[PDB]
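Lab note: Tetracycline repressor protein class D, minocycline bound.
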2 protein chains.
Amino acid sequence: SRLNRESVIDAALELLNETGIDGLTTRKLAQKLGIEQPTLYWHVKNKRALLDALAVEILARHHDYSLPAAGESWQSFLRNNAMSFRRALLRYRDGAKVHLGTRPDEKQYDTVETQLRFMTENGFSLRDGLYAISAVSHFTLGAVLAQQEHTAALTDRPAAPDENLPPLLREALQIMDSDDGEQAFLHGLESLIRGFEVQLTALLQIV
Amino acid sequence: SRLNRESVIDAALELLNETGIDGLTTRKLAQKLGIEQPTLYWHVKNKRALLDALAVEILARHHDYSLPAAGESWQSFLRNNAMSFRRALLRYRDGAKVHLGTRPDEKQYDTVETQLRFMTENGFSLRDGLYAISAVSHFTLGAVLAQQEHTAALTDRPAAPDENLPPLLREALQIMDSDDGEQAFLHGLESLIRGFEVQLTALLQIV
Ligand SMILES: CN(C)c1ccc(O)c2c1C[C@H]1C[C@H]3[C@H](N(C)C)C(O)=C(C(N)=O)C(=O)[C@@]3(O)C(O)=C1C2=O
Ligand SMILES: CN(C)c1ccc(O)c2c1C[C@H]1C[C@H]3[C@H](N(C)C)C(O)=C(C(N)=O)C(=O)[C@@]3(O)C(O)=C1C2=O
Ligand SMILES: [Cl-]
Ligand SMILES: [Cl-]
Ligand SMILES: [Cl-]
Ligand SMILES: [Cl-]
Ligand SMILES: [Cl-]
Ligand SMILES: [Cl-]
Ligand SMILES: [Cl-]
Ligand SMILES: [Cl-]
Ligand SMILES: [Cl-]
Ligand SMILES: [Cl-]
Ligand SMILES: [Cl-]
Ligand SMILES: [Cl-]
Ligand SMILES: [Mg+2]
Ligand SMILES: [Mg+2]
């Protein structure tokens, strides 16, 4: 099949959804594409370059809320931003493991820059705007990794069904796995944003 | 060398610090221990059982603040808890990648149970206590993964040194990598806790 950037990325994401990150290799990618490894090598040097590119593309394709709406509050933008980040990461198997250790790509510079200018225009210093952005990303990444990687681990070996857990831990785990972890996440996200709001409004006051 | 649980775990953590999670194998563990693979297999069935055990042991050894102090506020306990969780995860290379997708171990039941009882005795429902605990873990895990995995990625290929970044993104990344990410983390952690505090005190009031 065809080996332009787009087709290589499409085949790569298919294979990622078939086999997960740890068994995504240039060997199996070559196989999926019906080509010899030294053909693929012309197009994709290594698994790292491949992972770097999927990270960027999963967002370009599926992270629809990168930009604030005209007039949107910074709280609403961080919420809508986080929800969209979470969506994009969950869309492919081990997606958050793919995102891990990427930095914004040149094709995301203007997007990430705008996001920081927007914060700073709402009364954040660069530094608190940065911390808010970073906290939202790290929170959202952990929440999606815990969920994806809890799941991957269960494929490999089960858990004790209850007949062994102490009572609170027993009902806590029933609750946290009764949706995908979406309510733990949406609740944590409100706590985080209100925390940034309390910090920002305080200004020089001891808070 | 000796193959009791303790010695296998010690050798495993050494190898983890030498080679990272992705090149930690039962082959190289057998080599490190100076034994044949079918000898190791008696002791350790697979990489999963091995990862499950290192996850538990890295905490037992190095997560000193699992328990609140008598009289300690829930805010102070979540802070001291998170800081200690972060420490334990950073102590070994790809440590957070090791923790990912573990659930509390039987030898951590009484610890995690106590943590939930403590929250609920401070006025959290099980559910908000749970969300607070989960948010603190997911935040702390993302923060440590972003840092560890940003680092692992740099071994594999560098970044653009500045002569290409737009201005805010340029100075943001200088700031966020001028310590290990410890100030982004400690700031995010205060925002999260104050957010849980605002939620809890509100009770039935629209907040
Ligand atoms: C400059 N800024 C503080 C940093 C620092 C370190 C980082 O590792 C990153 C950023 C920007 C953030 C912005 C976030 C943004 N959001 C908070 C989720 C975001 O929506 C995007 C995006 N491309 O739309 C990211 O690049 C992003 O996911 C991302 O991957 C980032 C990222 O990796
Ligand atoms: C029951 N509780 C809500 C859950 C649910 C899902 C989970 O995946 C987990 C917990 C408890 C938390 C407690 C946290 C605690 N802390 C908030 C960091 C903690 O200090 C410990 C500990 N063993 O001391 C954990 O087990 C812990 O790191 C952990 O790994 C957990 C964990 O994995
Ligand atoms: Cl074709
Ligand atoms: Cl082609
Ligand atoms: Cl193309
Ligand atoms: Cl490869
Ligand atoms: Cl293969
Ligand atoms: Cl986890
Ligand atoms: Cl010996
Ligand atoms: Cl022995
Ligand atoms: Cl032992
Ligand atoms: Cl193995
Ligand atoms: Cl090997
Ligand atoms: Cl990251
Ligand atoms: Mg990122
Ligand atoms: Mg855990």
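Chains: A, B, ... assigned top-down by sequence line. Residue numbering in chain A adheres to the PDB entry, whereby the residues present occupy positions 2-208 in order. Chain B is numbered as in the PDB entry; the shown residues are, in order, 2-208. Only this structure's heavy atoms are used, side chains among them; waters, hydrogens and symmetry mates stay out. In listed order, ligands and their atoms are each counted from 1.
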- Enumerate the ligands or chains that make up minocycline. ligands 1 and 2
- Task: Please list, by chain letter, the other chains with any heavy atom under 4.0 Å from minocycline (ligand 2).
- Result: A, B
- Message: Heavy-atom distances under 4.0 Å decide this one: backbone, side chain, both or neither, for A:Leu170 against minocycline (ligand 2)?
- Response: side chain
- Task: Identify which residues UniProt lists as binding tetracycline in chain B have a non-hydrogen atom closer than 4.0 Å to minocycline (ligand 2).
- Result: B:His64, B:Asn82
- Taking heavy atoms and a distance under 4.0 Å, where does B:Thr141 meet minocycline (ligand 2): side chain, backbone, both or neither? neither
- Query: Looking at atom 3 (C) of minocycline (ligand 2), would you say a protein heavy atom lies below 4.0 Å from it?
  - Reply: yes
- Item | Structural part of A:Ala147 in contact with minocycline (ligand 2), heavy atom criterion under 4.0 angstrom | neither
- Between B:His64, B:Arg87, B:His100, B:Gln109, flag the one that comes closest to atom 29 (C) of minocycline (ligand 2) by a heavy atom. B:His100
- Message: Could you check whether any other ligands or ions come closer than 4.0 Å to minocycline (ligand 2)?
- Response: ligand 16 (magnesium ion)
- Only heavy atoms count here, so choose which of A:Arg171, A:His151, A:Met177 is nearest to atom 6 (C) of minocycline (ligand 2). A:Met177
- Query: Who gets closest to atom 19 (C) of minocycline (ligand 2) by heavy atom: B:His139, B:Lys108, B:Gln116?
  - Reply: B:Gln116
- UniProt-listed Mg(2+) binders, chain B, heavy atom within 4.0 Å of minocycline (ligand 2): B:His100
- Site of minocycline (ligand 2): non-hydrogen cut-off 4.0 Å: A:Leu170, A:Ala173, A:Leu174, A:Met177, B:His64, B:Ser67, B:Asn82, B:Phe86, B:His100, B:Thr103, B:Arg104, B:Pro105, B:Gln109, B:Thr112, B:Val113, B:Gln116, B:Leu131, B:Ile134, B:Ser135, B:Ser138
